[PDB]
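Quick look: imipenem (bound form) on Class D Carbapenemase OXA-48.
Note that chain A is numbered according to the PDB entry, with residues 23-265 shown in order. The basis for the numbers below is simple: all heavy atoms, side chains too, and nothing from hydrogens, waters or symmetry mates. Every number for a ligand or one of its atoms is a count from 1 in the order of the listing.
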Amino acid sequence: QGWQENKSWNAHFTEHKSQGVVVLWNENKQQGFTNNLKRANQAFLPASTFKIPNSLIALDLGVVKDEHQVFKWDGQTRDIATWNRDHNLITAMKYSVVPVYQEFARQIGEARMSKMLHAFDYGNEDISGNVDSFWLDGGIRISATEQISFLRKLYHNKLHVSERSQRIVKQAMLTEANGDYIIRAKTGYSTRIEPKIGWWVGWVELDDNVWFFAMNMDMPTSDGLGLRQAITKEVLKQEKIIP
Ligand SMILES: *C(=O)[C@H]([C@@H](C)O)[C@H]1C[C@@H](SCC/N=C/N)C(C(=O)O)=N1
Ligand SMILES: [Cl-]
Ligand SMILES: [Cl-]
């Protein structure tokens, strides 16, 4: 089997009248768990979770000099208000500012974007579509288990980019931390192509172990976005990963 199936986590999806998959990886024991082995291997558009490889590539090619470089707002008012201001790599990740990352992809270019995604072993490695939207409405597809594989390489500094690039991106992935755990992660909301889904991918660092996770769920409207982190934390608590 490889992966173990734990159907009891479906209770957390059903409790919120939702459908989806959570995948966990225990790094110390090299064991994986999921509520749905089939959906765990189903490949979707990455949407904003593609900000992780896009950040790595932009840094390594010097499109982004460091996490303090300011990317000026282009003056075009967009629907998410946090986008209509200047950003650096830290705040553009936090607020998931698409137009900044679309400019990164334009500067990287089709040829180099394709070779890096092949170097990364990322999903189906297919960038067909527009250079600045293929991860939103083009041909790239990645499963939850494939996100884990990619994230594990990032955690260990094993992707073929500089160690510094990988350290900066993991810094920008910082989402939450207390005296018990650190979460580094990235959210995604795929809306341009059916089915609309939400993503949350990353890992939980403990004193003696790290737990990688990748989840996606059906997201017909934006009012459910909070359930990405809420369902994931319910699974993490049930498995006694976080208190
Ligand atoms: C990437 O996944 C998304 C981009 C492609 O639009 C961004 C946008 C936010 S959600 C939009 C604000 N919702 C309000 N209700 C996002 C996310 O939260 O994952 N990623
Ligand atoms: Cl994006
Ligand atoms: Cl940090």
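Counting repeats, the structure shows imipenem (bound form) at ligand 1. Binding site of imipenem (bound form) at 4.0 Å, heavy atoms: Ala69, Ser70, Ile102, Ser118, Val120, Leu158, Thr209, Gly210, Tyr211, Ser244, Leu247, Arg250.
Among the atoms of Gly210, some N or O lies under 3.5 angstrom from an N or O of imipenem (bound form).
Residue-to-ligand polar distances place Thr209 within reach of imipenem (bound form): an N/O pair is separated by less than 3.5 Å.
The atoms of imipenem (bound form) that sit less than 4.0 Å from any heavy atom of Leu158 are 5 (C). The distance criterion of under 3.5 Å between nitrogen or oxygen atoms is not met by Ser212 with respect to imipenem (bound form). Given atom 17 (C) of imipenem (bound form), the protein heavy atom at minimum distance is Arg250 NH1, 3.3 Å. There is a covalent bond between imipenem (bound form) and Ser70 OG. The PDB records the source of chain A as Klebsiella pneumoniae. Between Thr71 and imipenem (bound form), a contact under 3.5 Å exists for no N or O pair. Distance from atom 9 (C) of imipenem (bound form) to its nearest protein heavy atom, with residue and atom name: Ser118 CB, 4.5 Å. Remark: minimum distance from atom 8 (C) of imipenem (bound form) to any protein heavy atom is reached at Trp105 CZ2, 4.2 Å. Annotation for imipenem (bound form): atoms under 4.0 Å from non-hydrogen atoms of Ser244 are 15 (N).
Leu247 CD1, 3.9 Å is the protein heavy atom nearest to atom 14 (C) of imipenem (bound form). The protein heavy-atom contact nearest to atom 12 (C) of imipenem (bound form) is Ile102 CG1, 4.1 Å. In this structure, the protein non-hydrogen atom closest to atom 7 (C) of imipenem (bound form) is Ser70 OG, 2.9 Å.
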